[PDB]
Each structure stands twice: as structure tokens, then as C-alpha cells.
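Below, read A as the first sequence line, B as the second, and so on, with proteins coming before strands; counting in each chain starts at 1. Every number for a ligand or one of its atoms is a count from 1 in the order of the listing.
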Amino acid sequence: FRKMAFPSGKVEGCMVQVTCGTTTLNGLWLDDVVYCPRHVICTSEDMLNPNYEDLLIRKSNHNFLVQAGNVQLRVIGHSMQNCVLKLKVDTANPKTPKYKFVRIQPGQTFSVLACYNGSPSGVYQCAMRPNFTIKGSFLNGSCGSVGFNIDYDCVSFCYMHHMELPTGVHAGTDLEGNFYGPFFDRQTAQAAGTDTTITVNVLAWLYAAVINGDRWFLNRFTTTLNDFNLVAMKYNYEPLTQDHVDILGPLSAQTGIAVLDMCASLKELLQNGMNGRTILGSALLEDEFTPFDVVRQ
Amino acid sequence: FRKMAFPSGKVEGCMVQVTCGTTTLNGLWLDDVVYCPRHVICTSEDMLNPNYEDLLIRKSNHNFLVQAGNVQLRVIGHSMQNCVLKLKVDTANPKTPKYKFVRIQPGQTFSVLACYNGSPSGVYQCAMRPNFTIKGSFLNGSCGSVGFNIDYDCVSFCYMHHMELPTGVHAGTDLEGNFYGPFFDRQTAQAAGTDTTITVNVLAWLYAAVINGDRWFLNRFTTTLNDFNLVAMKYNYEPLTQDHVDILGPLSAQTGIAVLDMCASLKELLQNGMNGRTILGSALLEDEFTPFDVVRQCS
Ligand SMILES: CC(C)(C)[C@H](NC(=O)C(F)(F)F)C(=O)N1C[C@H]2[C@@H]([C@H]1C(=O)N[C@H](C=N)C[C@@H]1CCNC1=O)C2(C)C
Ligand SMILES: CC(C)(C)[C@H](NC(=O)C(F)(F)F)C(=O)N1C[C@H]2[C@@H]([C@H]1C(=O)N[C@H](C=N)C[C@@H]1CCNC1=O)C2(C)C
């Protein structure tokens, strides 16, 4: 049972390089539009305190250098949508997949295609944390890298990368340019709210451990949903809803372990610890696999 | 610090499906040849005790259904090379990348593009274990999925998937059909050997921690490679080779910590434990990041 990303080819064909002045990052080329973080228009000094509408009105189409491979695409128009810039180019991307823009929920997962200078570097799986950060792997020039899910050859873009917080976690926007979380694209110290653990995902992962022959954490006990949520809240876990219980149905039916019985197991894990034992090779409770992730794998 | 697979697009454009009778698996389409596990020619009953030479004699080109999506590629020739079949087709794949076939050593990592019916399903990083198994994630119909590394636009194919052992780990071949480890493509009781920890990768992980400022474990001692190798095996760690010492060269230069000094630091970790302290936020020493993986992620 591995953290598994979606095949990235459909997204690789969409990555381009965007330069304004001496600022360079990645863009996403779909049909005849390139989407990229708006702070590409910023000088270094601008980023410390930008007034984006005022900075953008002072730019011309010819200030935007867009490169796809070695081929320059001419910008023929531009607009700003929240924190994303939409550059109209004079060429349609022939490799545009069927796609949609979606805004995801805390706890959902997605694949990230990390890119530098318009070129793909690596692919990995991420989750939207409850505090709306993501634990990514992003370096200088990675902005404009996107997160996505793939469903029957349709790419659902959900994330575009903008910033790294001092704790090393990452913040970004949906493809309408609205940040996930209370963050904003100004270079100034920003802390995230206290994070919590995605309970439904921990349970899905415990079910994965049982589907793969590991049962040592199970117990003969049971619990009510309300009594479980009291202990979960005490340990900085998110509430478990009845919708969550229903979503875990196929995993419980597959294993014959009632959801509330697995909750009792997690409650004992939380109160007793793991005592140096491991689950699927992990020394800690893993919360970045959704129920759908477990089933698909 | 997390596992990061290579972008998989160059390999996606090479995946096809291969069916013989009712057995369907994946194949790799490069130029005008499709590579796939030879057991595609087996009936389920054949798999229990196959004579591949005799079974291939009773097959002709017209018994092979190669499809790119739902589009058939006409087979014009077939031959067996060790445990892989090579089907010559009448069309050169226009998506063929620059590529090489390489045989990897234990400890080396690679990305796996898991495929079903020729359709890519997911991508993840794997390490070749010292017992020549991989801790993969594969279901029915995954055979013929491949593992690969990429360097500057050249795809190095190193693994093709054939089978799952009773402990849930996986075994396969290089792209010349030669199994890694002492395994055979017969459905018969087989078992992964005892495994060991990939020492060179643990050292790479310690260098990664030092680079990021987590360096409490650096000690004031040193050792010789021979001395270290003899003690390491007492803890089920692999001995180091001359090649291992040299591939740690760049991380050693970057940090200023000599390879043998880091070896002495590891030996102290093995002989006395971590004392509740973590390294890169982990209580366990990670052994599936190569020195290249550490440099790749930081660059
Ligand atoms: C890292 C840092 C101190 C610089 C800063 N962070 C904060 O100011 C915070 F604290 F508010 F978050 C920050 O990210 N930026 C400063 C400036 C842009 C952004 C930025 O450089 N983005 C990079 C895109 N190419 C991706 C970064 C690079 C390092 N790793 C990443 O992921 C903007 C907010 C406009
Ligand atoms: C596991 C079975 C117990 C099924 C068997 N294993 C052993 O016989 C062993 F125990 F010896 F290994 C086994 O794998 N095979 C039997 C037969 C081929 C192979 C096989 O079905 N390959 C699948 C390719 N599509 C991938 C498998 C499917 C499940 N997960 C996988 O990865 C061959 C050796 C010729």
C-alpha cells in the first residue's frame, strides 16, 4: 500500500514558462489561455507589498514572455481573476485534455506535478490539510505548479502553487485564484491556524492495513459515534460525521469490520499509542489517504 | 522529506495491451517492438507448470492481440528473450522517447507506472530490496507495468512486473527478461528471502538531515569501511561497496562530513538507538532514498 499519484502526462502537456521582467514561474496552458500566479508581474520589491490592480494596469501584453518548450507563444490579451492571471495567447494548446476546475474540501487528496521553468520535475500525492495548507515539496520557481485528480481521462485541476510558510508547509489557490485558507500573496510572515488530523482518512488507512493482512491494532470493543468524537476532538482530530461513516461503508463491508468498531480501535490507538509498533510500515497514524484512495488501490 | 516519482508522460505514451487467448496484460511499445511478460501465452492451467519453448512453438503472429487503446497493432514477428516476449509490429510508435534498458542494483529506486489493460493507473516510487523484491502496489492484470528513471530526456527502463510473492512483495525482470533475484515465472510455491536494510540509502538520509540542520547524531568518531561492514551485518544492514562510497561523494562534499565519519555516526545509532529523538521528524531510519533521490529533491 503506497502513496500513489495519478499519471501526470495529461498535465505535462499543459505546462509552460511565464516571465515578466526578471520574474519567472510556471503556467498552465489550456486551449488559448495560460493560467499562472499573478505575482509573476511583481519585481522582488513589489512582492513585499503589492497593489496588484495598480501593478497590472501598468503592464502590456508584450511584457509577458510565454515559452512552451522552445517555442514562444504571443500574448494577445490578459485579465486577472483573484490571485490568478489569465494570459490569452495566439495559439491553442493541441494537447489540452478534457478538464474541469474544482475547489476541493479539506481532507481530499490530489496529485501535484512539481515544475520548474515550465518543465515537469516530479509527481507526488498531497492532501488539503484541515487548516488549508498542504505538505508539499516545492522549491524556488515552482509557483504555477498544479494539483489535480483524473477521472476517466478528465483532469480536475484543484490547486495552483503560490507560497511556502515559515513552517515549511505550502499555500495556494484554486484555479479561480481564490486561496485555500486565510493566506494572501504578499511576501510577509504568515502563520497557519493550528492543524488537525483527518479522522476519516486515518480510518480508511486502518482499513487498508486490514485489507493487507495487518490486524494487530483491532480490539473486541465498540463505541458510539458521539463518544468517539469526544475522544477524537480531545486529540485534535476532526469530527467524524454520519456521511463519513456512510462513505466508509464499502471498506467496512469488504472487511466485515463495522465502522464504529474501527473507531474503537483508533480510540485505543490514540489513548495507548502505538508502543513502537508500525502500521503499513509507518510509526505514526497516516491521514493522507481518502476512502476513495484506499479502494482505488 | 517525501518520495517523489518522475513525471510519467514519456512512459504513458508507450503502454499498450497484449492479449493471448483470454490472458491480457500490458506491454511496452518502443519503435516497432512491443515488450511484455512471456507468460501472456499461458493458460491459467499452463501457469502451474509451463514449458515456454513448447507453448511458443504452438503460437503464431496471428494469436497475439496488441492494442493501443482499442486500436489494433498488427504483429509481424515474435521471439522470446529470457522471460520477455518481443512482438514486432508494423507501426513505429511516434511517442517513443529516447531510452535505454538498464539492470539496477539493490538499493536503487525507480518510478513504477502501474497499468491495467494498457491504461496507466498510477505512479509511485519503489526501491529494489537486497532480496531482489520490491514493495510495490499491484493488482490482477498489472503484469508488464514497468519501472524507470529519467535523466535529461532519456528514459532508463529497469523493471517489468511479473509476479507477487506470498508476503505481498513483488518480483520481476529487467527489460531483457532476466529476473531480479532467484525467482521464476511459474505459479508454484516461491518465497522472498530474508531482507536487509539498505545502508547506503540510510547514510543518504542522514546526509539529507544534516543538510536541513538536523545533525544531533553526528559523533566525534570514525571507522574503516571493512570494520564498519563487519559490524553493520550484525544488525542486518547491508555491507557497503566501493561504488556506495563513491555515490555518497557529492553529499559528503556538500556537508563536509566524511563518508566514514557518517558511518561511525550510523554505527552509534545502531548500537545505542535514537533515545526517543527523531531525524527529519521520523523515529525510524529511512532506507528507500538514494543519494541521487536526495540531490534530485533538493535541486
Ligand atoms: C518562501 C517565502 C519566504 C519566500 C515566501 N513566503 C511568504 O512570504 C509566506 F510566509 F507568507 F508565506 C513565498 O513563498 N513567496 C514570496 C513571494 C511569492 C512567494 C514565492 O516565492 N513563491 C514561490 C513560487 N515560485 C514558491 C516558494 C519558493 C520557496 N518555496 C516555495 O514554495 C510571494 C508571496 C508573492
Ligand atoms: C500471485 C499468484 C499467487 C497469482 C502468483 N504468485 C506466485 O505464483 C508466487 F507466489 F510464486 F509468486 C503470480 O504472481 N502469478 C502466477 C503466474 C503469473 C503471476 C501473476 O499472476 N502475475 C500478475 C500479472 N498480471 C500480477 C500479480 C497478480 C496479483 N498481484 C500481482 O502482482 C505467474 C508466475 C506466471
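Taking the chain with most contacts, the partner of ligand 2 here is, per UniProt, 3C-like proteinase nsp5.
The drug seen at ligand 2 is recorded under the name nirmatrelvir (bound form). Taking 4.0 Å as the heavy-atom limit, the other chains contacting nirmatrelvir (bound form, ligand 2) are B. In this structure, atom 28 (C) of nirmatrelvir (bound form, ligand 2) lies nearest to the protein heavy atom B/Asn140 OD1, 3.4 Å. The organism that the PDB names for chain B is Severe acute respiratory syndrome coronavirus 2. Within a 4.0 Å radius of atom 14 (O) of nirmatrelvir (bound form, ligand 2), the protein has at least one heavy atom. In this structure, chain B contacts nirmatrelvir (bound form, ligand 2) chiefly via UniProt domain Peptidase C30. For B/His170, every heavy-atom contact with nirmatrelvir (bound form, ligand 2) shorter than 4.0 Å involves the side chain, none the backbone. Considering backbone and side-chain atoms together, B/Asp185 places no N or O closer than 3.5 Å to any N or O of nirmatrelvir (bound form, ligand 2). Lab note: nearest UniProt active-site residue of chain B to nirmatrelvir (bound form, ligand 2), heavy atoms, 1 Å precision, B/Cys143, 2 Å. Nearest protein neighbour of atom 11 (F) of nirmatrelvir (bound form, ligand 2), counting heavy atoms only, is B/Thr188 O, 3.0 Å.
With a heavy-atom cut-off of 4.0 Å, B/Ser142 touches nirmatrelvir (bound form, ligand 2) through backbone and side chain alike.
Close to nirmatrelvir (bound form, ligand 2): B/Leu165, with a non-hydrogen atom less than 4.0 angstrom away. Protein heavy atom nearest atom 25 (N) of nirmatrelvir (bound form, ligand 2), with residue, atom name and distance: B/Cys143 SG, 2.8 Å. For the residues B/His162, B/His39, B/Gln190, the heavy atom positioned nearest atom 35 (C) of nirmatrelvir (bound form, ligand 2) is part of B/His39. When B/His161, B/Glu164, B/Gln187 are checked for heavy-atom proximity to atom 4 (C) of nirmatrelvir (bound form, ligand 2), B/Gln187 turns out nearest. The residues lying within 4.0 Å of nirmatrelvir (bound form, ligand 2), counted on heavy atoms, are B/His39, B/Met47, B/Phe138, B/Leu139, B/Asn140, B/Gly141, B/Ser142, B/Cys143, B/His161, B/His162, B/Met163, B/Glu164, B/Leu165, B/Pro166, B/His170, B/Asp185, B/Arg186, B/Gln187, B/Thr188, B/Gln190.
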Extract all N/O-N/O pairs under 3.5 Å that connect nirmatrelvir (bound form, ligand 2) to the protein, and present each with both atom names and the distance rounded to 0.1 Å.
from	atom 1	to	atom 2	distance (Å)
nirmatrelvir (bound form, ligand 2)	6 (N)	B/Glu164	O	3.0
nirmatrelvir (bound form, ligand 2)	14 (O)	B/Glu164	N	3.0
nirmatrelvir (bound form, ligand 2)	22 (N)	B/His162	O	2.9
nirmatrelvir (bound form, ligand 2)	25 (N)	B/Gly141	N	3.4
nirmatrelvir (bound form, ligand 2)	25 (N)	B/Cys143	N	3.1
nirmatrelvir (bound form, ligand 2)	30 (N)	B/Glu164	OE1	3.0
nirmatrelvir (bound form, ligand 2)	32 (O)	B/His161	NE2	2.8

